[PDB]
Asker: 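Hi! I'm looking at a structure that contains AZD4017 and have some questions.
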Amino acid sequence: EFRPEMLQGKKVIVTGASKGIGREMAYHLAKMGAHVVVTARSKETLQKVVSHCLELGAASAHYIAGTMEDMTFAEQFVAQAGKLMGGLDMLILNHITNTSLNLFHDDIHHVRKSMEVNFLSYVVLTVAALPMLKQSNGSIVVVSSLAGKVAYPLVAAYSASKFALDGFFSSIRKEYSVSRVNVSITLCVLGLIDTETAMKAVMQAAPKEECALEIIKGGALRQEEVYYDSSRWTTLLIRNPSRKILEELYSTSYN
Amino acid sequence: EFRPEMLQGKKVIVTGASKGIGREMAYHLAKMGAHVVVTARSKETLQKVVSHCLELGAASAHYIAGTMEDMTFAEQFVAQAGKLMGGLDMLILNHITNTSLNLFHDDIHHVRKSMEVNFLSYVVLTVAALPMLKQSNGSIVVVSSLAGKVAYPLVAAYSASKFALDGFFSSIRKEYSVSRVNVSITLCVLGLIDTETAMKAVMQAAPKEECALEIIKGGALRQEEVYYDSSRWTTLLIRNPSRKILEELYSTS
Ligand SMILES: NC(=O)c1ccc[n+]([C@@H]2O[C@H](COP(=O)([O-])OP(=O)(O)OC[C@H]3O[C@@H](n4cnc5c(N)ncnc54)[C@H](OP(=O)(O)O)[C@@H]3O)[C@@H](O)[C@H]2O)c1
Ligand SMILES: NC(=O)c1ccc[n+]([C@@H]2O[C@H](COP(=O)([O-])OP(=O)(O)OC[C@H]3O[C@@H](n4cnc5c(N)ncnc54)[C@H](OP(=O)(O)O)[C@@H]3O)[C@@H](O)[C@H]2O)c1
Ligand SMILES: CCCSc1nc(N2CCC[C@@H](CC(=O)O)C2)ccc1C(=O)NC1CCCCC1
Ligand SMILES: CCCSc1nc(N2CCC[C@@H](CC(=O)O)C2)ccc1C(=O)NC1CCCCC1
């Protein structure tokens, strides 16, 4: 049911687009002829991405460098991006703070930083974007992980942040349903992807290029969840039908 | 296989014990003859709770009033509590910041406060308690909710904080398994309970007295999860076998 034309002329923010899945998403949106605003801390890598976007046939491509540790930057970023495109059709929240695979001892500053960059900054970006997304009847895409659905050692702070995104966005999705806010929320559950970050930090990784295209497709098709894993078995097990029943058994009782 | 005597003479911290489930847990541990240290913001209420604990037959009962927004208080409390009892056998993390069941608009300070009180403070308390819990081969009890497993409207910040507890504690449980740290982690998934807080905020809720005894029982029996709900049907639906399989799929390795 997805057609690349669905993205032609669309106004899209992609966070964490200097590298990995983010950079790949920005390139796919460009090949489809969308207006893209990209961000990361690194100005020079961002520049290279923006020019390559214009080479692929993007309607427009821009960058705004900054840290998502700074909540005022998150706020002002959406404002300038919106100004550049004259509005916003899709918000792709994808960035993450640097983490290493390590046992948890006492790094409370690291738990805080992850919670700030990976979680609160997503909430702050959403609040800022919500008036524009309401106008266009837009979409919010939240890039999560299997580590944000299930428990693995070595990723406690990261898992906590990804789990937090599920609780927050999944609850606001129920609120938008009742409030009749026509803004879709897509949560992406990915397994290990072949990004240079992941490859160095860590089985069989899945291709970054297809992963990127799937995230966009899911968002465009207004899906609640998107699954992307190198295994058939893992994808079958990602789904939580009891959760759905539990959730739906409340709504079909009060609403 | 639970016996009340398993708690006799045991050293236990109970957070959020001025009211609700927390206060009830503190009373149950008191009837079993345990050493209890209780905490909350409310000093005059904690006093009344402590004296009632000693009336029920607690080996000792003490309190330390303070706010879990303050991370240094969280740190200081565990040392102070650990000094009072000469060690720690069980850590019951139960407190929550005040929330109302409203639609989310733009209250970022509220998302932050919930994340700090309901989540960060639990992590800070754990880090502080871990050396003592290692000595006794202790237990950490994390009080969560169904709203921390499943999605409901009107509780976004609260859900985020409860979901975060699951990811963090469930991952550290895997780390303690590989590191061979003999400290158990119990996550409690509760439905509505008949506490004044809940009866004011939001409805056939489950009794707080039995809820309180179950949390303790689960912790004592070193269970990974504890379920407590007024519905048998809901209870059946809480288990996630696919998650378990995905988790163990990795383990080997
Ligand atoms: N790769 C996998 O195996 C995998 C698996 C499951 C889920 N995911 C999820 O997929 C998403 C993309 O990950 P990825 O593999 O593409 O990782 P990545 O290559 O490390 O990309 C992270 C991006 O965030 C940026 N960033 C870092 N710190 C930042 C900060 N403080 N403020 C703003 N931006 C910051 C990075 O660039 P700068 O350094 O230029 O700031 C980069 O553009 C993440 O949400 C991740 O959790 C990935
Ligand atoms: N009752 C339910 O329907 C329900 C449902 C699911 C899960 N649960 C879980 O069960 C636990 C107990 O809930 P409850 O209904 O018994 O709630 P409660 O009566 O409101 O008790 C929460 C406790 O936390 C303390 N507290 C509040 N803000 C604090 C702060 N900033 N710093 C330190 N302590 C603070 C309160 O004391 P002060 O104001 O004196 O500080 C109180 O003793 C929670 O983890 C809750 O999520 C309950
Ligand atoms: C012990 C590794 C935990 S991290 C992690 N584990 C995942 N598992 C466990 C290993 C096998 C794997 C198999 C699969 O693809 O089905 C599924 C899947 C995704 C992540 C993840 O999002 N990793 C981050 C870490 C920080 C940097 C970004 C990437
Ligand atoms: C829409 C209400 C969401 S709050 C909430 N809902 C729960 N549900 C939804 C209603 C029906 C209920 C039925 C059940 O027992 O199976 C299951 C269960 C627990 C909570 C909860 O943790 N409550 C907190 C809120 C803040 C104050 C402290 C208590």
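The alphabet sets the chain names here, A first, running in the order the sequence lines are given. Residue numbering for chain A follows the PDB entry; the residues present correspond to positions 26-227, 233-285, in that order. Sequence positions for chain B are given in the PDB entry numbering; the residues included correspond to 26-227, 233-283, in order. Whatever order the structure lists ligands and atoms in, that order sets their numbers, starting from 1. When the header is checked for method, it gives X-ray crystallography, 2.7 Å.
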Asker: Which parts of the structure correspond to AZD4017, copies included?
Answerer: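 Copies included, the answer is ligands 3 and 4.
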Asker: For AZD4017 (ligand 3), which chain gives the most heavy-atom pairs within 4.5 Å, and what name does UniProt use for it?
Answerer: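 Most heavy-atom pairs belong to 11-beta-hydroxysteroid dehydrogenase 1.
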Asker: I'm mapping contacts for AZD4017 (ligand 3). Which other chains have a heavy atom under 4.0 Å?
Answerer: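 Other chains in heavy-atom contact: A, B.
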Asker: Which taxon does the entry assign to chain A?
Answerer: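 Per the PDB, the source organism is Homo sapiens.
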